[PDB]
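Beneath this line is the structure, given in C-alpha coordinates, with notes to follow.
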Amino acid sequence: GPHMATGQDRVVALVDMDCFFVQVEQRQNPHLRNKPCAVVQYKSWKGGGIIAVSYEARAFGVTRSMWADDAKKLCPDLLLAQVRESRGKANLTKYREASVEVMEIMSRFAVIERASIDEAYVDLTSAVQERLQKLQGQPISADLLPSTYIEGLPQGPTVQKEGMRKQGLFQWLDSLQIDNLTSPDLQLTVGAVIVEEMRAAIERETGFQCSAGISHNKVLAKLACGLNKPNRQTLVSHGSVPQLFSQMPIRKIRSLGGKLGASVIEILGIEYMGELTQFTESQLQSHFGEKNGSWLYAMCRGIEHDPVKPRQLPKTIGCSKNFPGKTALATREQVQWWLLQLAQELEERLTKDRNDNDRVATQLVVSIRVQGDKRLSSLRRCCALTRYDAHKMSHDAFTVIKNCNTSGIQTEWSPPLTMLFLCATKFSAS
DNA sequence: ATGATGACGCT
DNA sequence: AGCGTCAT
Ligand SMILES: Nc1ccn([C@@H]2O[C@H](COP(=O)(O)OP(=O)(O)OP(=O)(O)O)[C@@H](O)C2(F)F)c(=O)n1
Ligand SMILES: [Ca+2]
Ligand SMILES: [K+]
(Lines of atoms letter the chains of each structure in order from A; the text may use other names.)
(Lines give C-alpha, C1' and ligand atoms only; values in the text may rest on other atoms or scores of the structure.)
(Ligands and ions follow the chains in the order given, each with its own letter.)
Protein backbone atom coordinates (compact mmCIF):
# COMPACT_ATOMS: atom_id res chain seq x y z
CA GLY A 1 0.00 0.00 0.00
CA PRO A 2 1.85 3.09 1.28
CA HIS A 3 5.27 1.80 0.09
CA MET A 4 4.23 0.42 -3.33
CA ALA A 5 5.90 2.67 -5.92
CA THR A 6 3.55 3.54 -8.77
CA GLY A 7 5.95 4.80 -11.44
CA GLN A 8 4.43 8.29 -11.46
CA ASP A 9 7.65 10.24 -10.76
CA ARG A 10 8.33 11.56 -14.30
CA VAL A 11 6.46 13.22 -17.16
CA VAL A 12 7.74 11.74 -20.44
CA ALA A 13 6.61 12.51 -24.00
CA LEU A 14 7.29 10.83 -27.32
CA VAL A 15 7.04 13.03 -30.42
CA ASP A 16 6.77 11.31 -33.81
CA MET A 17 6.65 13.10 -37.17
CA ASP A 18 3.68 11.93 -39.23
CA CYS A 19 4.74 10.07 -42.41
CA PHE A 20 8.01 11.94 -42.19
CA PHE A 21 9.77 11.43 -45.55
CA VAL A 22 6.45 12.15 -47.31
CA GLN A 23 6.05 15.42 -45.38
CA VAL A 24 9.60 16.44 -46.39
CA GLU A 25 8.75 15.88 -50.08
CA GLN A 26 5.33 17.61 -49.77
CA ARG A 27 6.93 20.67 -48.19
CA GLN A 28 9.33 20.86 -51.13
CA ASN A 29 6.72 20.12 -53.85
CA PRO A 30 3.28 21.63 -53.11
CA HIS A 31 1.73 19.55 -55.93
CA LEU A 32 2.07 16.57 -53.55
CA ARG A 33 0.25 18.14 -50.57
CA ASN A 34 -3.11 16.69 -49.50
CA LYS A 35 -2.83 13.84 -52.02
CA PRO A 36 -2.26 10.08 -51.86
CA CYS A 37 1.48 9.95 -52.24
CA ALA A 38 4.47 7.88 -51.24
CA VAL A 39 8.27 8.03 -51.17
CA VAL A 40 10.08 5.27 -53.09
CA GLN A 41 13.73 4.34 -53.52
CA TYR A 42 15.15 3.05 -56.80
CA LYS A 43 12.77 2.69 -59.75
CA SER A 44 13.97 0.00 -62.15
CA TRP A 45 12.84 -3.03 -60.10
CA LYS A 46 9.02 -3.00 -60.09
CA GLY A 47 8.72 0.78 -59.84
CA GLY A 48 10.88 1.07 -56.73
CA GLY A 49 10.34 0.09 -53.11
CA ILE A 50 7.90 2.19 -51.11
CA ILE A 51 9.37 3.45 -47.83
CA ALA A 52 6.84 6.09 -46.60
CA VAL A 53 3.10 6.61 -47.26
CA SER A 54 0.76 9.57 -46.77
CA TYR A 55 -2.44 8.97 -44.81
CA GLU A 56 -4.53 9.58 -47.95
CA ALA A 57 -2.64 6.74 -49.63
CA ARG A 58 -2.92 4.47 -46.57
CA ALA A 59 -6.71 4.59 -46.97
CA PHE A 60 -6.25 2.69 -50.27
CA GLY A 61 -4.11 -0.02 -48.61
CA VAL A 62 -0.68 1.29 -49.64
CA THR A 63 2.02 0.22 -47.19
CA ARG A 64 5.76 0.35 -46.69
CA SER A 65 7.77 -2.45 -48.40
CA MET A 66 5.26 -2.58 -51.23
CA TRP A 67 6.67 -2.30 -54.74
CA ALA A 68 5.41 0.89 -56.35
CA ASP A 69 4.01 -1.09 -59.28
CA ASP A 70 1.78 -2.99 -56.83
CA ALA A 71 0.81 0.09 -54.83
CA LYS A 72 -0.36 1.58 -58.15
CA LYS A 73 -2.74 -1.36 -58.50
CA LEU A 74 -4.33 -0.36 -55.20
CA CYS A 75 -4.17 3.41 -55.87
CA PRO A 76 -3.84 4.28 -59.58
CA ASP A 77 -3.57 8.02 -58.83
CA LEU A 78 -0.79 7.54 -56.24
CA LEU A 79 1.84 10.27 -56.54
CA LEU A 80 5.49 9.37 -55.95
CA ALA A 81 8.64 11.17 -54.88
CA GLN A 82 12.00 9.42 -55.28
CA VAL A 83 14.85 9.31 -52.79
CA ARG A 84 17.96 11.03 -54.16
CA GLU A 85 20.58 8.75 -55.68
CA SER A 86 24.28 9.63 -55.33
CA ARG A 87 27.30 7.50 -56.27
CA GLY A 88 24.96 4.70 -57.28
CA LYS A 89 22.99 4.44 -54.03
CA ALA A 90 20.16 6.00 -52.06
CA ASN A 91 21.20 9.16 -50.24
CA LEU A 92 19.10 10.18 -47.25
CA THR A 93 20.75 13.57 -46.58
CA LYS A 94 17.58 15.62 -47.18
CA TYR A 95 15.70 13.72 -44.46
CA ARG A 96 18.61 13.82 -41.97
CA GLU A 97 18.77 17.62 -42.35
CA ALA A 98 14.98 17.98 -41.96
CA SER A 99 15.18 15.84 -38.80
CA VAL A 100 17.83 18.18 -37.41
CA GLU A 101 15.42 21.11 -38.00
CA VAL A 102 12.79 19.43 -35.85
CA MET A 103 15.16 18.15 -33.16
CA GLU A 104 16.64 21.63 -32.67
CA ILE A 105 13.17 23.14 -32.11
CA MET A 106 12.33 20.36 -29.63
CA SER A 107 15.55 21.03 -27.70
CA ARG A 108 14.33 24.55 -26.84
CA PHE A 109 11.68 23.08 -24.56
CA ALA A 110 13.55 20.22 -22.87
CA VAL A 111 16.46 17.84 -23.25
CA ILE A 112 15.65 15.23 -25.88
CA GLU A 113 16.69 11.68 -26.71
CA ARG A 114 16.89 11.15 -30.47
CA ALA A 115 15.27 7.75 -30.84
CA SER A 116 15.21 7.70 -34.62
CA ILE A 117 15.31 10.05 -37.66
CA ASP A 118 11.72 11.08 -36.88
CA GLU A 119 11.16 10.27 -33.17
CA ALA A 120 12.35 11.94 -29.98
CA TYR A 121 11.65 11.31 -26.29
CA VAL A 122 11.25 14.34 -23.99
CA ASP A 123 11.62 14.40 -20.21
CA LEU A 124 9.20 17.15 -19.15
CA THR A 125 9.41 16.73 -15.37
CA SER A 126 11.27 19.99 -14.65
CA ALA A 127 9.46 22.03 -17.30
CA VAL A 128 6.19 20.87 -15.71
CA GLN A 129 7.24 21.92 -12.20
CA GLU A 130 8.14 25.39 -13.51
CA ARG A 131 4.89 25.85 -15.45
CA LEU A 132 2.92 24.73 -12.36
CA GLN A 133 4.65 27.42 -10.29
CA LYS A 134 3.72 29.96 -12.98
CA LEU A 135 0.05 28.91 -12.86
CA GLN A 136 -0.28 29.21 -9.03
CA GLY A 137 -3.35 26.96 -8.96
CA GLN A 138 -5.36 28.46 -11.83
CA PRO A 139 -7.35 25.78 -13.69
CA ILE A 140 -6.25 24.43 -17.05
CA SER A 141 -8.56 25.44 -19.89
CA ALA A 142 -9.53 22.94 -22.58
CA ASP A 143 -8.49 25.68 -25.01
CA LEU A 144 -4.91 24.93 -23.95
CA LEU A 145 -5.36 21.31 -25.18
CA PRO A 146 -6.94 21.70 -28.65
CA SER A 147 -5.59 18.42 -30.08
CA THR A 148 -5.30 16.22 -26.96
CA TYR A 149 -7.08 12.90 -26.39
CA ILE A 150 -7.44 11.46 -22.87
CA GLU A 151 -7.17 7.70 -23.26
CA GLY A 152 -10.12 5.88 -21.66
CA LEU A 153 -12.49 8.83 -21.77
CA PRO A 154 -15.34 9.63 -22.21
CA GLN A 155 -16.92 6.97 -20.00
CA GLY A 156 -20.09 6.44 -18.01
CA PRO A 157 -23.75 7.61 -17.85
CA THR A 158 -22.69 12.81 -30.13
CA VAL A 159 -21.50 10.55 -32.95
CA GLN A 160 -18.58 12.62 -34.31
CA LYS A 161 -14.88 12.21 -33.64
CA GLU A 162 -14.00 15.72 -32.44
CA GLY A 163 -17.11 15.65 -30.26
CA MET A 164 -15.91 12.45 -28.59
CA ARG A 165 -12.47 13.98 -28.04
CA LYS A 166 -13.89 17.06 -26.33
CA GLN A 167 -16.30 15.04 -24.13
CA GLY A 168 -13.36 13.01 -22.86
CA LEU A 169 -11.21 16.08 -22.28
CA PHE A 170 -14.07 17.75 -20.41
CA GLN A 171 -14.50 14.77 -18.06
CA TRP A 172 -10.75 14.71 -17.42
CA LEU A 173 -10.45 18.43 -16.65
CA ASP A 174 -13.61 18.47 -14.52
CA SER A 175 -12.11 15.72 -12.36
CA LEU A 176 -8.68 17.38 -11.99
CA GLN A 177 -7.25 18.33 -8.57
CA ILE A 178 -5.47 21.57 -9.54
CA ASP A 179 -4.64 22.51 -5.94
CA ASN A 180 -2.25 19.55 -5.51
CA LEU A 181 1.07 20.51 -7.12
CA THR A 182 2.30 16.89 -6.79
CA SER A 183 -0.76 15.23 -8.34
CA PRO A 184 0.62 12.99 -11.12
CA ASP A 185 -2.54 13.52 -13.19
CA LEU A 186 -2.06 17.29 -12.96
CA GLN A 187 1.61 16.90 -13.91
CA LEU A 188 0.66 14.88 -17.01
CA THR A 189 -1.93 17.50 -17.99
CA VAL A 190 0.63 20.31 -17.77
CA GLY A 191 3.00 18.11 -19.75
CA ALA A 192 0.32 17.87 -22.45
CA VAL A 193 -0.04 21.67 -22.51
CA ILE A 194 3.71 22.00 -23.09
CA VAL A 195 3.62 19.34 -25.85
CA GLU A 196 0.80 21.22 -27.57
CA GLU A 197 3.10 24.27 -27.53
CA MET A 198 6.07 22.21 -28.80
CA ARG A 199 4.03 20.74 -31.67
CA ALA A 200 2.70 24.18 -32.59
CA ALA A 201 6.26 25.49 -32.77
CA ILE A 202 7.40 22.56 -34.92
CA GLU A 203 4.57 23.14 -37.37
CA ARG A 204 4.98 26.94 -37.42
CA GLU A 205 8.74 26.85 -37.96
CA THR A 206 9.05 23.83 -40.30
CA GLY A 207 5.65 23.07 -41.81
CA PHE A 208 5.76 19.54 -40.37
CA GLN A 209 2.94 17.97 -38.34
CA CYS A 210 3.53 15.33 -35.70
CA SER A 211 1.75 13.17 -33.18
CA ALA A 212 2.74 12.71 -29.55
CA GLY A 213 2.16 10.61 -26.45
CA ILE A 214 2.37 11.92 -22.88
CA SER A 215 2.67 9.55 -19.94
CA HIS A 216 5.00 8.65 -17.06
CA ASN A 217 7.65 6.65 -18.98
CA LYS A 218 8.92 5.97 -22.48
CA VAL A 219 6.96 2.78 -23.21
CA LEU A 220 3.60 4.32 -22.24
CA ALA A 221 4.42 7.52 -24.11
CA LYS A 222 5.21 5.59 -27.32
CA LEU A 223 2.08 3.47 -26.94
CA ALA A 224 -0.01 6.62 -26.32
CA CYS A 225 1.43 8.40 -29.36
CA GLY A 226 0.15 5.58 -31.57
CA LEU A 227 -3.45 5.76 -30.33
CA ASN A 228 -4.57 8.87 -32.28
CA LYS A 229 -2.67 9.69 -35.48
CA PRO A 230 -2.08 11.82 -37.43
CA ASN A 231 -1.65 15.35 -36.04
CA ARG A 232 -3.02 14.56 -32.54
CA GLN A 233 -1.62 13.78 -29.11
CA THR A 234 -2.76 11.38 -26.39
CA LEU A 235 -2.36 11.43 -22.60
CA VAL A 236 -2.20 8.00 -20.97
CA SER A 237 -2.54 8.29 -17.20
CA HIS A 238 -1.42 5.70 -14.67
CA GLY A 239 -5.08 5.00 -13.91
CA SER A 240 -5.86 4.23 -17.55
CA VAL A 241 -3.37 1.36 -17.65
CA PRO A 242 -5.50 -1.59 -16.39
CA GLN A 243 -8.28 -1.07 -18.97
CA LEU A 244 -5.85 -0.18 -21.77
CA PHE A 245 -3.67 -3.23 -21.13
CA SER A 246 -6.62 -5.60 -20.63
CA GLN A 247 -7.02 -5.99 -24.42
CA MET A 248 -3.57 -4.81 -25.57
CA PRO A 249 -1.74 -7.48 -27.60
CA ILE A 250 1.68 -8.08 -26.05
CA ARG A 251 3.43 -7.39 -29.38
CA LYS A 252 2.33 -3.74 -29.32
CA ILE A 253 4.66 -2.83 -26.42
CA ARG A 254 8.14 -1.65 -27.46
CA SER A 255 10.71 -4.52 -27.26
CA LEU A 256 7.99 -7.23 -27.31
CA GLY A 257 7.25 -7.18 -31.05
CA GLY A 258 9.74 -9.94 -31.90
CA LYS A 259 10.93 -13.30 -30.55
CA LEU A 260 10.80 -12.39 -26.83
CA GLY A 261 7.14 -11.33 -27.06
CA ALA A 262 6.26 -14.44 -29.04
CA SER A 263 7.88 -16.51 -26.30
CA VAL A 264 5.94 -14.64 -23.58
CA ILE A 265 2.76 -15.58 -25.47
CA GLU A 266 3.77 -19.22 -26.05
CA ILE A 267 5.29 -20.02 -22.65
CA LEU A 268 2.66 -18.33 -20.51
CA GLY A 269 -0.35 -19.01 -22.76
CA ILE A 270 -1.60 -15.40 -22.68
CA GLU A 271 -2.49 -12.79 -25.30
CA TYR A 272 -2.71 -9.40 -23.60
CA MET A 273 -0.27 -7.32 -21.64
CA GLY A 274 -2.56 -7.04 -18.62
CA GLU A 275 -2.55 -10.83 -18.21
CA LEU A 276 1.07 -10.55 -17.11
CA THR A 277 -0.02 -9.22 -13.72
CA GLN A 278 -0.97 -12.72 -12.57
CA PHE A 279 2.65 -13.95 -12.39
CA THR A 280 5.18 -13.27 -9.67
CA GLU A 281 8.41 -11.43 -10.41
CA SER A 282 10.33 -14.64 -9.78
CA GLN A 283 8.11 -16.58 -12.20
CA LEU A 284 8.80 -14.06 -14.95
CA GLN A 285 12.51 -14.02 -14.20
CA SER A 286 12.54 -17.83 -14.36
CA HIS A 287 11.15 -17.78 -17.87
CA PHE A 288 12.73 -14.67 -19.40
CA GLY A 289 15.85 -13.87 -17.36
CA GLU A 290 16.47 -11.55 -14.43
CA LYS A 291 16.41 -8.29 -16.40
CA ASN A 292 13.50 -9.10 -18.73
CA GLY A 293 11.50 -10.64 -15.88
CA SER A 294 11.85 -7.61 -13.62
CA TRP A 295 11.07 -5.37 -16.60
CA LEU A 296 7.89 -7.31 -17.51
CA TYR A 297 6.69 -7.41 -13.88
CA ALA A 298 6.87 -3.64 -13.61
CA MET A 299 5.82 -2.84 -17.18
CA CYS A 300 2.52 -4.75 -17.09
CA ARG A 301 1.63 -2.47 -14.15
CA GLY A 302 2.50 0.67 -16.17
CA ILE A 303 5.91 1.10 -14.48
CA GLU A 304 9.19 1.54 -16.34
CA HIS A 305 12.41 3.27 -15.35
CA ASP A 306 14.48 3.58 -18.57
CA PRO A 307 15.66 7.22 -18.64
CA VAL A 308 15.31 9.74 -21.41
CA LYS A 309 18.99 9.88 -22.36
CA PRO A 310 20.43 13.32 -23.12
CA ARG A 311 21.48 12.59 -26.71
CA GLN A 312 20.40 14.69 -29.69
CA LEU A 313 22.96 13.32 -32.19
CA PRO A 314 23.29 9.82 -33.69
CA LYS A 315 26.04 7.66 -32.11
CA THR A 316 27.15 6.12 -35.42
CA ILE A 317 27.32 7.25 -39.03
CA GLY A 318 26.83 4.42 -41.50
CA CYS A 319 26.55 3.74 -45.23
CA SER A 320 25.13 0.47 -46.55
CA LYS A 321 24.04 -1.06 -49.85
CA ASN A 322 22.38 -4.36 -50.76
CA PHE A 323 23.21 -6.21 -54.00
CA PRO A 324 20.30 -8.63 -54.39
CA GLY A 325 19.76 -11.61 -56.67
CA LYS A 326 21.71 -11.28 -59.89
CA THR A 327 23.45 -8.01 -58.98
CA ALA A 328 25.64 -9.64 -56.29
CA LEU A 329 29.28 -8.63 -56.60
CA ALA A 330 31.39 -11.35 -58.23
CA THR A 331 34.69 -9.62 -59.09
CA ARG A 332 37.45 -8.02 -56.98
CA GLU A 333 37.12 -4.79 -58.98
CA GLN A 334 33.37 -4.59 -58.35
CA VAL A 335 33.92 -4.96 -54.61
CA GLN A 336 36.58 -2.24 -54.54
CA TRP A 337 34.48 0.14 -56.62
CA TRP A 338 31.44 -0.13 -54.36
CA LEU A 339 33.54 0.06 -51.19
CA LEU A 340 34.92 3.28 -52.62
CA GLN A 341 31.43 4.64 -53.37
CA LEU A 342 30.29 3.92 -49.80
CA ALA A 343 33.51 5.35 -48.36
CA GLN A 344 33.10 8.56 -50.37
CA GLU A 345 29.60 9.14 -49.02
CA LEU A 346 30.87 8.28 -45.54
CA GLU A 347 33.77 10.73 -45.79
CA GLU A 348 31.42 13.51 -46.85
CA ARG A 349 29.01 12.87 -43.95
CA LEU A 350 31.89 12.52 -41.45
CA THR A 351 33.53 15.79 -42.52
CA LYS A 352 30.18 17.60 -42.20
CA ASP A 353 29.69 15.96 -38.79
CA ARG A 354 33.10 17.01 -37.50
CA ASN A 355 32.50 20.64 -38.54
CA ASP A 356 28.96 20.76 -37.10
CA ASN A 357 29.37 18.78 -33.89
CA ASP A 358 33.02 18.97 -32.72
CA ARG A 359 33.79 15.25 -32.73
CA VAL A 360 35.72 12.64 -34.69
CA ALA A 361 35.01 8.95 -35.20
CA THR A 362 37.86 6.61 -34.28
CA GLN A 363 36.69 3.12 -35.35
CA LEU A 364 35.57 1.82 -38.76
CA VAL A 365 33.21 -1.17 -38.78
CA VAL A 366 33.06 -3.17 -42.03
CA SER A 367 30.26 -5.67 -42.56
CA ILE A 368 29.43 -7.90 -45.51
CA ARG A 369 26.91 -10.58 -46.49
CA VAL A 370 27.61 -13.51 -48.79
CA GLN A 371 25.15 -15.22 -51.11
CA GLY A 372 23.52 -18.06 -49.20
CA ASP A 373 23.43 -16.88 -45.59
CA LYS A 374 20.03 -16.15 -44.08
CA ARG A 375 21.55 -13.75 -41.54
CA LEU A 376 21.44 -10.06 -42.46
CA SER A 377 25.17 -9.83 -41.66
CA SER A 378 27.68 -12.55 -42.53
CA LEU A 379 30.83 -10.90 -41.19
CA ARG A 380 31.69 -7.79 -39.12
CA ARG A 381 35.25 -6.59 -38.52
CA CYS A 382 36.65 -3.35 -37.09
CA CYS A 383 39.79 -1.39 -37.89
CA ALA A 384 41.18 1.99 -36.88
CA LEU A 385 39.70 5.13 -38.44
CA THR A 386 42.56 7.65 -38.34
CA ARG A 387 41.94 9.94 -41.36
CA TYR A 388 38.73 11.10 -43.01
CA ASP A 389 39.85 9.90 -46.43
CA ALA A 390 37.66 7.75 -48.64
CA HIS A 391 40.45 5.94 -50.49
CA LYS A 392 42.13 4.92 -47.22
CA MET A 393 38.84 3.83 -45.63
CA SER A 394 37.95 1.71 -48.66
CA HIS A 395 41.45 0.20 -48.80
CA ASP A 396 41.25 -0.73 -45.09
CA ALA A 397 37.76 -2.20 -45.49
CA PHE A 398 39.02 -4.30 -48.38
CA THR A 399 42.01 -5.38 -46.30
CA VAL A 400 39.87 -6.60 -43.41
CA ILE A 401 37.43 -8.45 -45.73
CA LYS A 402 39.73 -9.76 -48.49
CA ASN A 403 40.45 -13.10 -46.81
CA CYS A 404 36.72 -13.85 -47.02
CA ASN A 405 37.23 -14.53 -50.74
CA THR A 406 36.88 -18.30 -51.20
CA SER A 407 38.02 -18.02 -54.84
CA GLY A 408 41.34 -19.50 -55.85
CA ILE A 409 41.46 -17.05 -58.73
CA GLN A 410 42.66 -13.63 -57.59
CA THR A 411 40.35 -11.61 -59.84
CA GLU A 412 37.09 -13.35 -58.89
CA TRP A 413 35.09 -13.00 -55.68
CA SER A 414 33.24 -16.06 -54.42
CA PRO A 415 30.79 -16.44 -52.84
CA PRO A 416 29.40 -13.21 -54.37
CA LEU A 417 28.58 -10.37 -51.97
CA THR A 418 24.96 -9.30 -51.45
CA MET A 419 25.60 -6.49 -48.91
CA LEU A 420 28.35 -3.99 -48.09
CA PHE A 421 28.30 -1.78 -45.02
CA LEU A 422 30.71 0.81 -43.61
CA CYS A 423 30.06 2.39 -40.21
CA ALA A 424 31.98 5.06 -38.29
CA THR A 425 31.75 4.64 -34.50
CA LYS A 426 33.47 5.56 -31.20
CA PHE A 427 33.37 9.35 -31.35
CA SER A 428 35.72 11.59 -29.35
CA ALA A 429 35.44 15.32 -28.84
CA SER A 430 37.58 17.60 -30.99
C1' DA B 1 14.45 -8.24 -54.84
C1' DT B 2 12.75 -4.30 -49.77
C1' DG B 3 16.46 -1.13 -48.44
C1' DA B 4 19.07 1.98 -45.56
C1' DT B 5 19.61 3.02 -41.64
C1' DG B 6 20.45 3.11 -36.01
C1' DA B 7 20.49 1.69 -30.60
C1' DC B 8 21.46 -1.67 -27.41
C1' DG B 9 22.18 -6.63 -25.12
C1' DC B 10 24.97 -11.04 -24.74
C1' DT B 11 29.10 -13.53 -24.30
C1' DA C 1 35.35 -8.00 -30.14
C1' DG C 2 31.79 -10.09 -33.03
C1' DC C 3 27.02 -11.56 -33.17
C1' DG C 4 22.11 -10.96 -32.45
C1' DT C 5 17.53 -8.48 -31.49
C1' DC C 6 14.44 -4.89 -32.12
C1' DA C 7 13.11 -0.92 -34.32
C1' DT C 8 12.54 3.54 -37.73
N1 LIG D 1 11.12 0.32 -41.96
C2 LIG D 1 11.22 1.64 -42.05
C3 LIG D 1 10.43 2.48 -41.23
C4 LIG D 1 10.55 3.81 -41.35
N5 LIG D 1 11.45 4.35 -42.24
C6 LIG D 1 11.62 5.79 -42.41
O7 LIG D 1 11.41 6.42 -41.16
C8 LIG D 1 10.36 7.42 -41.24
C9 LIG D 1 9.59 7.41 -39.97
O10 LIG D 1 9.30 6.09 -39.62
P11 LIG D 1 7.85 5.72 -38.94
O12 LIG D 1 7.58 6.62 -37.77
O13 LIG D 1 7.86 4.28 -38.51
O14 LIG D 1 6.69 5.93 -40.07
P15 LIG D 1 6.09 7.29 -40.75
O16 LIG D 1 6.40 7.30 -42.22
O17 LIG D 1 6.67 8.51 -40.09
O18 LIG D 1 4.47 7.28 -40.55
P19 LIG D 1 3.62 7.53 -39.18
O20 LIG D 1 2.75 8.73 -39.38
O21 LIG D 1 2.79 6.32 -38.91
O22 LIG D 1 4.60 7.76 -38.06
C23 LIG D 1 9.50 7.08 -42.45
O24 LIG D 1 9.02 8.26 -43.08
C25 LIG D 1 10.49 6.32 -43.39
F26 LIG D 1 11.02 7.14 -44.34
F27 LIG D 1 9.87 5.31 -44.04
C28 LIG D 1 12.21 3.50 -43.04
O29 LIG D 1 12.99 3.99 -43.84
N30 LIG D 1 12.08 2.16 -42.92
CA1 LIG E 1 6.60 8.86 -37.73
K1 LIG F 1 8.95 6.92 -35.98
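Sequence lines set the chain letters: A, B, ... in the order given, protein chains first and strands last, and positions in each chain run from 1. Start at 1 and go down the list; that is how both ligands and their atoms are numbered. The basis for the numbers below is simple: all heavy atoms, side chains too, and nothing from hydrogens, waters or symmetry mates.
Drug at ligand 1: gemcitabine triphosphate. Contact analysis gives the chain with most pairs under 4.5 Å to gemcitabine triphosphate as the one the PDB entry calls DNA polymerase eta. Other chains reaching under 4.0 Å from gemcitabine triphosphate with at least one heavy atom: A, B, C.
The PDB entry names the source organism for chain A as Homo sapiens. The deposited structure shows no covalent link between gemcitabine triphosphate and a chain.
The A:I51 neighbourhood of gemcitabine triphosphate comprises atoms 25 (C), 27 (F), with distances under 4.0 Å to a heavy atom of that residue. The A:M17 neighbourhood of gemcitabine triphosphate comprises atoms 17 (O), 22 (O), with distances under 4.0 Å to a heavy atom of that residue.
Those atoms of gemcitabine triphosphate that come under 4.0 Å of a heavy atom in A:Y55, given as number and element, are 19 (P), 20 (O), 21 (O). Every atom of gemcitabine triphosphate is numbered from 1 in the order shown, and the set under 4.0 Å from a heavy atom of A:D16 is 12 (O), 22 (O).
Applying the 4.0 Å criterion to heavy atoms of A:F21 picks out, from gemcitabine triphosphate, the atoms 24 (O), 26 (F). Residue contacts with gemcitabine triphosphate include A:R58, since one or more of its heavy atoms lies under 4.0 Å from the ligand.
Selection from A:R64, A:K229, A:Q209 by nearest heavy atom to atom 14 (O) of gemcitabine triphosphate gives A:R64. In A:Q23, neither the side chain nor the backbone holds a heavy atom less than 4.0 Å from any atom of gemcitabine triphosphate. Heavy atoms under 4.0 Å from gemcitabine triphosphate belong to A:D16, A:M17, A:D18, A:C19, A:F20, A:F21, A:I51, A:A52, A:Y55, A:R58, A:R64, A:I117, A:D118, A:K229, B:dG3, B:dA4, C:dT8.
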